[PDB]
Amino acid sequence: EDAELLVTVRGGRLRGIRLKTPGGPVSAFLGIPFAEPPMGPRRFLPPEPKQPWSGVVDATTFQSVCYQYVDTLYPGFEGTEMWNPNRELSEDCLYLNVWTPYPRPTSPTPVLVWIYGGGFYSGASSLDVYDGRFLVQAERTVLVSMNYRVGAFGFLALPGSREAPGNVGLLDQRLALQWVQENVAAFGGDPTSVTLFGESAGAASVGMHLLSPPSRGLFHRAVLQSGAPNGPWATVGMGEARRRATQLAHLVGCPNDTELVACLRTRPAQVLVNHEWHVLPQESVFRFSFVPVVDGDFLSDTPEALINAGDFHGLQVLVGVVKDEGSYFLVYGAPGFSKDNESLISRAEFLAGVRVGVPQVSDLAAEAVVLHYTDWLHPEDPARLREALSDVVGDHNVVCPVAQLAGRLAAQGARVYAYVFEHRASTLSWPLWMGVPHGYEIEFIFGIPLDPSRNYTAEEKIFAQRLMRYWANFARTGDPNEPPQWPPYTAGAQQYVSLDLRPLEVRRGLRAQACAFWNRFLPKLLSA
Amino acid sequence: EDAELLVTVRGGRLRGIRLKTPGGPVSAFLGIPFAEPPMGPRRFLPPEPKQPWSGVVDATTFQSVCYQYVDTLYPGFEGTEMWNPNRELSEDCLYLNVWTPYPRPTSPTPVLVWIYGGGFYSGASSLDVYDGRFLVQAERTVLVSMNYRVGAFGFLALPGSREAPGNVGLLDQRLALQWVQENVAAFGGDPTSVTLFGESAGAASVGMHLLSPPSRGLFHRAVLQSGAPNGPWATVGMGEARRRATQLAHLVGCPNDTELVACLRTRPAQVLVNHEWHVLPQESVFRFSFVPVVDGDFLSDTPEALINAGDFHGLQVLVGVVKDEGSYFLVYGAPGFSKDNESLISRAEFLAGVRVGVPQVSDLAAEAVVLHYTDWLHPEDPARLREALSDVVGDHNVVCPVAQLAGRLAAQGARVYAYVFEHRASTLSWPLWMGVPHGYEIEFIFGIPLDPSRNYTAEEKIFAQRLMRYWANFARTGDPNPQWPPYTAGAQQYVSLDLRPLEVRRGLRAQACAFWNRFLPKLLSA
Ligand SMILES: *[C@@H]1O[C@H](CO[C@@H]2O[C@@H](C)[C@@H](O)[C@@H](O)[C@@H]2O)[C@@H](O[C@@H]2O[C@H](CO)[C@@H](O)[C@H](O)[C@H]2NC(C)=O)[C@H](O)[C@H]1NC(C)=O
Ligand SMILES: *[C@@H]1O[C@H](CO[C@@H]2O[C@@H](C)[C@@H](O)[C@@H](O)[C@@H]2O)[C@@H](O)[C@H](O)[C@H]1NC(C)=O
Ligand SMILES: Nc1c2c(nc3ccccc13)CCCC2
Ligand SMILES: Nc1c2c(nc3ccccc13)CCCC2
């Protein structure tokens, strides 16, 4: 037996596996339990640490995915299946993974912690596209990813109740981050240089760990990719959380908060998932039923409030977006859209879709959106209309939330780096009109193009290697630049770089004209 | 006696004068009385027609300027003095002018009727820059201009009262237009082809005649230059009109409407003028105390409602703006501005000026303006800020009202032509940063460059002749015609007027004017 694949952590002994890379061998420890299974009476409760075990836990394959809705819109389509669970669903799912160089490192090695996205209703650390092996081998880091509860199992909140307090999925993450502090050295990781990185809801979660003091001592640097804690989708108010938890109970035959959660706990997990989307107040895209709740505990104020009031000196942050953040979401409810035609919508469809992409606002607010995103020299051009609705959804949900976070953090002491990821993968199966859709920079950051079994080009492999260098430099030093150069983002100059097969190009403003509308004006209108 | 300079109109006999022009003689009848002098007990009342006279009235010079404020911000500066009165002030001012070719045409000739602007508080047909002689001698048309009462004397309104009903300045205009129908033939004019054209408030008045049926049988075609009846400055509501009338009264020592107007009539005209600007509710630019009031009589609804609801089939309209409508207005009250330095304002000054240029709106509305006119990659560039405040003032007060007027008329049956005038006159004395300011296309329409005594270039003279042809072509055919296409709500085509040939372009500040015409009203109701 290979001693490099035996590790003792505080709970007990683990047996790992050796994995091949086009470069060298990597050690992987998959399916390490870090919490007690949140089953039965423990559904909806904060995670409790994993009791220690005798014998040797076999950490040789991915454990199960937390219960979640499965995309069925395009059965068999690679563009959606790559995000669907690739292991059995279980509520017994709070496991984490460690990838480390082979043999295990000598000296403390810098640690990357990955938090997956998926709108807080979906995701898993087992997905192919989050494979740690390439970053570990190429950039000599230790990489940890964790599963955390999603949907109602992670974020159903009856605020004030002991029985369903909310944010427990967030607490899953924190527990994993605590686990990393106490055990990562056993694998050669340096617990004093831990960098959090995530995408979609994972980037929102990274941000929430920045703004929650108990989490803030658990890591040192942050990367937020196409997501932010201040997005209109990433948090919910106490009342709406209570209304949504309550409508779910009604939809599954339930039933006193205690009597209500008690009844929810007797229902099969899959039953809750089947009614997940029906709790939403409105037909929408880019809105999700059970997300983090602002109740004064995990988040003492709204993420936007906490950003504006924070002393962020001594923090380095890497943030960015892809070119076409909003595109794919349109085929999940915007009238006239499809992945299978050109989606050249009519003006009436555009106006309809504006209410789907910016839900729950006054008619005045909708008109203000229609005003900003219309070219009044071409009010009915279908191609321009498709592009504008994509820009509405992308600006409203990702780009302008991210721009606000970056600018406020920068103006309040943080060193910020910003990127726009502008390369469309040669392997992409979504239509060409979707551009670079939300999420399709992750495969390059994780180095997936280096897999020979996959058919990327020679330039994409080099591109992936550049990206891994940028991210790893940021982890080690707080600066993505190699020790043409990538400048910090400031509230004034608003400089960012474009990542593609061409060399770095520095540009100004993350959609500054649009994001003035969403960040500066539209809040004021909504208060009157 | 010269038989060409005697005309008989329904009131009596008139004696004219023969005028020299660079291109030949022109007959001019200047100072024809068309109403009884609105003096004494007739201050504030509708004009009453001139009663006929025996003998021969000498219509040989411009009559008096109606009582108005005189600009003193830059004493002696031609840029302001050229608009100030060039005759004595009097309430005895209701005279009009007729220019006609020499000898008088023997076939009926199409008529252009000019209404001057000046914010409804100032102006005169006497001004050099409205000299009719050049248009007449070049395009063989008959040109008429009239004086109309301005300020309180033309537009002070206590709505509902017979003693100060308001809009009497407009009725002065209407009376002159009635005069044109009964008498223009006596000079060779054709009362069946009359084209109204005006600028600033004169353009807004042209529009109000389109939207009031009694005026609408008195002309056939319309030209609106840098002004429109739907502009935020061109009308006022009944209540606000009454509030300003009443404050003006209080400020000059006057306590019953008939007793209030009675007391106002005992005040010297100059006393009224001195207190004109004090009734304005707010510090502002591009706002004027006494303007047309929407009271259901002359205007049965607001100019927007009447436009949006009107069937305009069979109407031809020529409309347009200058390049920099808003620029000069800023040195009259916007913080940091001067005609004498570059006025490279600070952002703090910019934000202040937005409240002066967009007066009487909610803080929310003010913010909506700041959003659309800030470049958020250069939020504090002084030059960009200067250019942006100019655009705020010009777009809100002129460009977008005219564009709204143009598009709605086109979409409901009218043939519309639109222009942007982009030539800065060689003679201009306003600073270079103001561009082509509001009003500095008029001299080219009237052909003033043909005056040899004035130092225009040979290219400006050719340019002036080209413009006069366009306007006169529009007057005779309804079509100014490289070809100048109709303005429509979809394609929104307009032409650029400068020393280069016609260039067709799209949209009268379409992105900005969607804000002012489509969105901002909705925001102001909630
Ligand atoms: C441009 O000038 C304005 C106006 O100042 C007037 O005109 C100048 C040419 C000069 O004659 C000044 O003395 C005049 O007062 C300047 O704005 C003024 O700033 C002063 C501060 O000293 C202030 O008291 C005034 O209220 C301001 N005037 C207005 C109308 O707001 C402006 O600073 C000058 N711009 C420059 C120098 O770049
Ligand atoms: C594009 O597709 C939209 C969705 O229609 C669905 O998908 C297409 C491919 C067809 O199979 C259709 O029958 C399905 O219901 C349409 O609503 C939209 O009109 C289409 N746009 C076009 C054809 O230009
Ligand atoms: N780009 C993404 C898509 C889906 N889920 C995702 C989850 C996380 C990050 C990107 C994603 C499901 C629908 C297909 C697109
Ligand atoms: N441009 C104009 C100015 C004034 N009056 C005007 C009147 C009509 C048209 C343009 C004008 C008086 C102030 C100086 C500028």
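Each chain is given a letter, A onward, matching its sequence line's place in the list. We're sticking with the PDB entry numbering for chain A, so the shown stretch reads 4-258, 265-492, 498-542, in order. All residue numbers given for chain B refer to the PDB entry; the residues shown span 4-258, 265-490, 498-542 in order. Quick check of the header: X-ray crystallography, 2.8 Å. As a basis for the values below, the full set of heavy atoms in this structure was taken, side chains included, without hydrogen atoms, waters or symmetry mates. Both ligands and their constituent atoms are indexed starting at 1 by order of listing.
The molecule at ligand 4 is the drug tacrine. Structurally, the greatest contact with tacrine (ligand 4) is made by what the PDB entry calls Acetylcholinesterase. Under a 4.0 Å heavy-atom cut-off, the other chains found next to tacrine (ligand 4) are B. Filtering the residues that UniProt lists as binding galanthamine in chain B by heavy-atom distance under 4.0 Å from tacrine (ligand 4) yields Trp86(B), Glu202(B), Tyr337(B). The PDB lists the organism for chain B as Homo sapiens. Of the residues UniProt lists as binding huperzine A in chain B, a heavy atom under 4.0 Å from tacrine (ligand 4) is found for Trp86(B), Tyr337(B). The residues lying within 4.0 Å of tacrine (ligand 4), counted on heavy atoms, are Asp74(B), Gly82(B), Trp86(B), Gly121(B), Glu202(B), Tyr337(B), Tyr341(B), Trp439(B), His447(B), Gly448(B).
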